[PDB]
**Student:** 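Complex under discussion: metformin bound to NADH dehydrogenase [ubiquinone] iron-sulfur protein 2, mitochondrial.
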Amino acid sequence: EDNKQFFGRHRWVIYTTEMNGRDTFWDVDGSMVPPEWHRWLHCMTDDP
Amino acid sequence: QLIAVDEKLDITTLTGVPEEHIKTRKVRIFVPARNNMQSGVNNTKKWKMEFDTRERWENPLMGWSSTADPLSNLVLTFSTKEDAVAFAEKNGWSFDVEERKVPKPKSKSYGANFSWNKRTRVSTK
Amino acid sequence: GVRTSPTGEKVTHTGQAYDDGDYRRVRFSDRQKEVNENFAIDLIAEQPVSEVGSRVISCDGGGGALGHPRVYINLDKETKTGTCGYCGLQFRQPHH
Amino acid sequence: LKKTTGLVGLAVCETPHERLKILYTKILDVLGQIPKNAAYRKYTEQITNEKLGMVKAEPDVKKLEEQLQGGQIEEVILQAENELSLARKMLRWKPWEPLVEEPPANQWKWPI
Amino acid sequence: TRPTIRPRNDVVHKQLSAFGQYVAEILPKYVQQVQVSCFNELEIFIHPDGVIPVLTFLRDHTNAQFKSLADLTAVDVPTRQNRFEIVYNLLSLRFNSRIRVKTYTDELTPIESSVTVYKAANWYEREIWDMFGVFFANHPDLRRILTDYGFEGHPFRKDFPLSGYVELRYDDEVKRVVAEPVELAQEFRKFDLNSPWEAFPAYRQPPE
Amino acid sequence: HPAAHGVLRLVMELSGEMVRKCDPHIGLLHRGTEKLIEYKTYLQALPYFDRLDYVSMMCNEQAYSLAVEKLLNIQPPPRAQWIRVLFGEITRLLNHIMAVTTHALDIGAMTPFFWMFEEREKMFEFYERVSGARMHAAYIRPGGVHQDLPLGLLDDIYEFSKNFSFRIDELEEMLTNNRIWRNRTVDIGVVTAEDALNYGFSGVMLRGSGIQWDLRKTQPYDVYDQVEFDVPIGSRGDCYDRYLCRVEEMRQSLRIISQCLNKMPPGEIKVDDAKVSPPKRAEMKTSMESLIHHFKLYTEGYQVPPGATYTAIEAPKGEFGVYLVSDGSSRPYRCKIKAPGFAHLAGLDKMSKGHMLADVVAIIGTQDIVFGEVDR
Amino acid sequence: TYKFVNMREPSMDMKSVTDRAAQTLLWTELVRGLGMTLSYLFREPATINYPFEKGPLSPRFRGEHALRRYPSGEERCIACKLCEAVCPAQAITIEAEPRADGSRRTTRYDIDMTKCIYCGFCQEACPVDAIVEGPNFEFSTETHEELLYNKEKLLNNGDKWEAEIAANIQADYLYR
Amino acid sequence: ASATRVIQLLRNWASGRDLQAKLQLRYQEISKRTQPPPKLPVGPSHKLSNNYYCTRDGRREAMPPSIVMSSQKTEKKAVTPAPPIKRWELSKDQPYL
Amino acid sequence: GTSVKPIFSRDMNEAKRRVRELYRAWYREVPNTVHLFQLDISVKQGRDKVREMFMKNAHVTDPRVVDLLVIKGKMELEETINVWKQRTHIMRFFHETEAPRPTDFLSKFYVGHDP
Amino acid sequence: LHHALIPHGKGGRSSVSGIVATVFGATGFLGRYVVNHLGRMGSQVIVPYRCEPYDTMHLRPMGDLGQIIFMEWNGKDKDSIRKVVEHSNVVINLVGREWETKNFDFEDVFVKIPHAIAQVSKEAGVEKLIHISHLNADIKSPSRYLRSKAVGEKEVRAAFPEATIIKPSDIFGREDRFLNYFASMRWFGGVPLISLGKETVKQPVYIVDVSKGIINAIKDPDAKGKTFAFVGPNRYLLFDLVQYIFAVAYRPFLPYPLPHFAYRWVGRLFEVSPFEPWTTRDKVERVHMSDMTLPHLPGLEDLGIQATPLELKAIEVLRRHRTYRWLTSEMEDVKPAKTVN
Ligand SMILES: COC1=C(OC)C(=O)C(C/C=C(\C)CC/C=C(/C)CC/C=C(\C)CC/C=C(\C)CC/C=C(/C)CC/C=C(\C)CC/C=C(\C)CC/C=C(\C)CC/C=C(/C)CCC=C(C)C)=C(C)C1=O
Ligand SMILES: NC(=O)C1=CN([C@@H]2O[C@H](COP(=O)(O)OP(=O)(O)OC[C@H]3O[C@@H](n4cnc5c(N)ncnc54)[C@H](OP(=O)(O)O)[C@@H]3O)[C@@H](O)[C@H]2O)C=CC1
Ligand SMILES: CN(C)C(=N)NC(=N)N
Ligand code: SF4
Ligand code: SF4
Ligand SMILES: [Zn+2]
């Protein structure tokens, strides 16, 4: 997070290079976030 | 002046219905029976015209109930048996008319529950 | 508790499983059958029976407005437990 | 006098009073053909004489507009023309006659 | 005060009733009935052959300057001898009011086109024809407006099924879209929602 | 076609590039909305209006809700009415942004489109926070609104309203005095006041022609009689005058938004009549009458007394009306929908006399046609 | 009240005439437009770095559907068909029967996500908060059939998103 | 926002307005995504006494439309649907643009 | 009503005249329809289809119904002449992708429950 | 029958026809037509494919939801064959190339693959098996294509005695080889013909007729173990046929005799293309060969299909080969070719 950035770019995620059994170094999906971090990232709450 | 047509009215050629659903359909004009689960009689006021039941099968996927009959859900409301009959005749469908069934008047008396010499006396309240 | 049919297909909590000769089993070939492994009947069996010292109990499912509508269960028949049917929860008067 | 009427296609008239008197006189002349007992003739004659009286007693255009309460004087002229055409059509149609035909027994019933 | 009940407007009700009497007196030849609804909406039921005179009067008369044709539609009531009910909604800007004019017709009886009174009547009557089968006599260009080219039947009639009779798909054999009889994977489920208990005593009808 | 809004077939007869006649073919987006409404209940038919003019969603919802409430003889609470007016003006800003920016895009200007669509994204955020859906909210319902505002919505709306006049000024810095824009829009599609009235134009068309008519002023609904705003009036009745009218209507909608924010009252959000509007969740889960009424309202729905009404509002594209006929049951017997774009597109042919292809594009843009509401 | 958008007239004095002539010959308003565009060029863009940055949402957001459970693990749905009755698009199909323990539980609960309009009436009409519209919206599929959900799929969605759904319901249940 | 003064001055000169006074990006000035719990008002018809539904039933006050004239069944002044609309007054705030 | 309002054509003779006029208009148009739409059918096939469509309403004995039918026929023709239609609709007149529906009682009994 | 295999509906798109068909080689001309007919009828169709999934895209709109299932298969993989024929009561074999690639030859595509499909289908209990062969399938034929056709037909009959073996003559249609191959000789100046095409007689058959016959053979109960010959109603000389093709295409016709060995060398030159070859020596042999007459075998009239003459559906294929000058010329504008009956 970086509160100095404008609303929308003040929270971001760096995806992992391997999830479950998939080589996810390049092909990163927007559905890879678990529900709790999904809520925090989409800003439904300010509590991580 | 004004012409005269001494012939029965028929708009089947204009309605656009397929010939199969014009010729092989027998509608049912009737007053719906009162839902036995309720004492309300406000749904038995108007005549209804409904079509005959056709085939329904099970969808291979999701197991839903498929159909091929366009007039399966087509129910019309008519104020009078004559109006419904005229509509069915002018649209060309066959029709079966069922007379309205109204309950016969009944004699009710609260004091009959305590008759001195008749079987109408009740054993409980 | 999932169970396996004689054709090797898992049964859902509703007992659904295609027959051996059913052609519709071909849809799962090269794919998977979506079955939920948690059975509500088994879980609610796992849940215990509460004991309260009153003839009438009130169940709302817990949480207040987050639960089911409040209902009242009559704990008079001692041969069986009183089950709130919204949430399938059993209550019982302390006998003995 | 005024540059524009504020409405597209509505030209300013430099002689409002003369045009209004001419139009109202023509309307009154057309209404003379209508039978006396017709209710269209009485009301239209009344309103026309009421408005024709105002244009002959007020030389100022703005006060005349305030009295007529019919928008600007150009709008009043246009409405007078429409009334004249309507009077001619009504003379042709003759709607003071009794009802053409009663509707069927249940035509305006609702709910049904 | 009653916070949950819409207030009434006796002034507007009386004004509308007076104007309804006015028009009924002016045009006895066509005006069959006049009504004012309790939420202040004036309605006039006229004979079908008086559409042009009534609309021209309500448009050009000084006391009734209904310049704008707000709406024009039809209502299908199969139980009536004349099923189609043509409705005109007019707006008078000078007097800040609205009026409604209702006529009746059936399948085979034309209704005089009112494009000489209001220009919007062109497309409104085209839509009425396309959706109900009502033919307008002197229409400059009367043809389907909303339905598909070559569509059979008038969809908005009460006796026309919801899903129609045909459906479209692309057939690879003929390399074009084709129309085939309708066939639904899941049939529309008809719900009987009316309660058998009377809701409004004020609208009760005589048993007859 | 980029300028045909995707779903309009306009059969044109051209002599060179001069237009001889325009023959708009519509119905490519006809869905049978009125028939489906006849088959649905009153609560189940609200999203149909939500999807009619998909740039003025809460405006369509407000018109339908006003019709149903007039037939029901009930009254929304003042807080509900104020919310309805505030979001109606927000939706008017959305629609005017869309109209002006798409007009400028069809003419050849795109940067205002991008800027004003960032603003539209912010207003979509407002919509989503208040309803859960970014555009198709289904928020305004017969009897009031579905849910109350969150506890930061008013402050965020105030911030957006404060920082929007500069956006409108930046839009005007690019088009208003630009000679190319003036050449494209001035004296194009001129319609006289009498022709507009006869053809049945409403709203921006009439006001551009010079007709002093605005439903929000003449026939107020909700609490539009308690707010102060001005009605822009055109002089030449062309595309340029209509564009200026739309921009000034955006500014006046900002005025109304400010007034609504300052005058937001307390109270409940739906009519306190559980036989029409659903009760709260706690009341449903604790009260027998409330549970019964919730069950009946969400299964059968409220019955509307028999009668027919025509209720119209000043939607951003003109007079949007609904003629609703109820036969005493829980489902509407008839629902005719009068979209302002229908009459305008009907009048498109007359406005394109002696013009060219680019002029026809500009005239379509200034008519601001949405074919969802045109076709229904 | 009303106001005129275009009713002004230019002064015909020599200075104003020369100013207009200079504007005509020297494209002053065109230079103004160029300056505005250059200002926007030097401003900071509003583009977010999707999918690494996600747009803001609210607890009321309507996304993918889910079937919830009580904390005990029992299903919340009681087969009351209120959602099926109120569904505007008729996208919900329900069939029920008495369970082995006599509970009123569904055997078929199908939602057609190609027919649903995501209007949220089902979660309003649910008296037990069983059916919900969760927060997920990234569930696009490569085949049509994958969007025809059934009870197993909806229960899987509920189990997968239960924490976020419960948090959102806790955050927003006082407005309902 | 975060920008150099020189670029800000160039933007101000090119645009002619102080951009930092009114920006188009949101920097911590909006309400926090977490808010205290509310307690909404209850309503006017939530009394425990003198509250009967027959006295506040809006639907049952609806009446069939009054039949002003039905064909089936002095000098009166001509009337109008309503008094003519009064002339709109020019805005005092900004009559002309 | 005994005195029904006539659309036009009064009696059945003028209605037949309008029917013949519309038939001539359709007949002279089939070559143009085949040429412009680039149909793969013969001109004889198009004329036969026009004849069949005319003949399926040969049992009408009401002048008003005949007038409405010829009005709709003129509407259909003006759709074809102005190329408002496509090859899709013109071929929709031919039902080219339907399986031959059985008409005998035994075949109907075999296939399903359809009367 | 299983309760899921009982036909229901009115034979539409959403009906149940009781047919579960595995269509090998569905990613082809006859394959696409057969799959379209099955889906229109309302049957369950399994499409085993080895190509890119992109090239199977046109088969998707051919059936309702869940009726078309795409499963990857390998020709020389009995495991994949069993996987794709496990749950189907009808198996249709349409696999075949007109040329020989590096990995697959005429022996592979016409003997090994059909025999494997027939044998695996028998083990899986498939009720019906339709196998497509060629009419001119001769064991001593000059063409390796036809020799392999005959050997594979014998192998299929040995493996699955209850088969229906169909022998189309020369399928012509939009995506065909025949009419396109004869109409694509414009680019090479004139039209080379062996003996000027005066010694060859051919009766091509319409693709829709072939597909309808294949569908009817499934529904016909007494066609279990039979051999059908699908030929057109008219027999033409090769010269007359090519002349009619060029006349309909509105292209100038300049035929010339080319000796057989020279034509074989020309075909040898064109088959060095790694991609789909324009022509091959086997193709030249088949074109020169006359279509056989097999009166004893049944046909389309026996299956209930009236053969569609070439003169009616020739314009569907050959209108694409015209220019803008003659694009709109009508079907009747060209006289029918001179038949040999
Ligand atoms: C409902 O509907 C909708 C609408 O209403 C219909 C709408 O309005 C809108 C709104 C839409 C908009 C607002 C969009 C419009 C606005 C915009 C800003 C869009 C702007 C668009 C553009 C700018 C498009 C222009 C760009 C294009 C078209 C891309 C073209 C790209 C190219 C690359 C051109 C081709 C160039 C070529 C081929 C050059 C090739 C070079 C060579 C051959 C040279 C070879 C050299 C060598 C080989 C040398 C090699 C040398 C080396 C060193 C390499 C060696 C290394 C090795 C490894 C080998 C939307 C969204 C909508 O939804
Ligand atoms: N067409 C004609 O004129 C005649 C054809 N026949 C026969 O009818 C059948 C169908 O012919 P047709 O459709 O025209 O030809 P195609 O070449 O167009 O179709 C052949 C089909 O088989 C597949 N296939 C080819 N080789 C292999 C392989 N090694 N492994 C797996 N699949 C393979 C192809 O798929 P892919 O896309 O992956 O290559 C394609 O689906 C053939 O058996 C042919 O011999 C009989 C008489 C006349
Ligand atoms: C307004 N609508 C719906 C558009 N598609 N607009 C557009 N400019 N493409
Ligand atoms: S969101 Fe609306 S349309 Fe979708 S399933 Fe729920 S009730 Fe039905
Ligand atoms: S409303 Fe809730 S409890 Fe009722 S059937 Fe639907 S999901 Fe189940
Ligand atoms: Zn409980």
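Chain A is the first sequence line, chain B the second, and so forth, proteins listed ahead of strands; every chain is numbered from 1. The structure shown is a partial extract from the entry, and contact counts are restricted to the extract. We count ligands from 1, going down the list as the structure has it; atoms in each ligand are counted the same way. When the header is checked for method, it gives electron microscopy, 3.1 Å.
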**Student:** Give the place of metformin in the structure, all copies included.
**Tutor:** ligand 3
**Student:** Which other chains are heavy-atom neighbours of metformin (ligand 3) at a cut-off of 4.0 Å?
**Tutor:** F
**Student:** Which residues from other chains neighbour metformin (ligand 3) at a non-hydrogen distance under 4.0 Å?
**Tutor:** F/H5, F/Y54, F/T102
**Student:** Other ligands and ions under 4.0 Å from metformin (ligand 3): which ones?
**Tutor:** ligand 1 (ubiquinone-10)
**Student:** Record the residue and atom bearing a covalent link to metformin (ligand 3).
**Tutor:** none
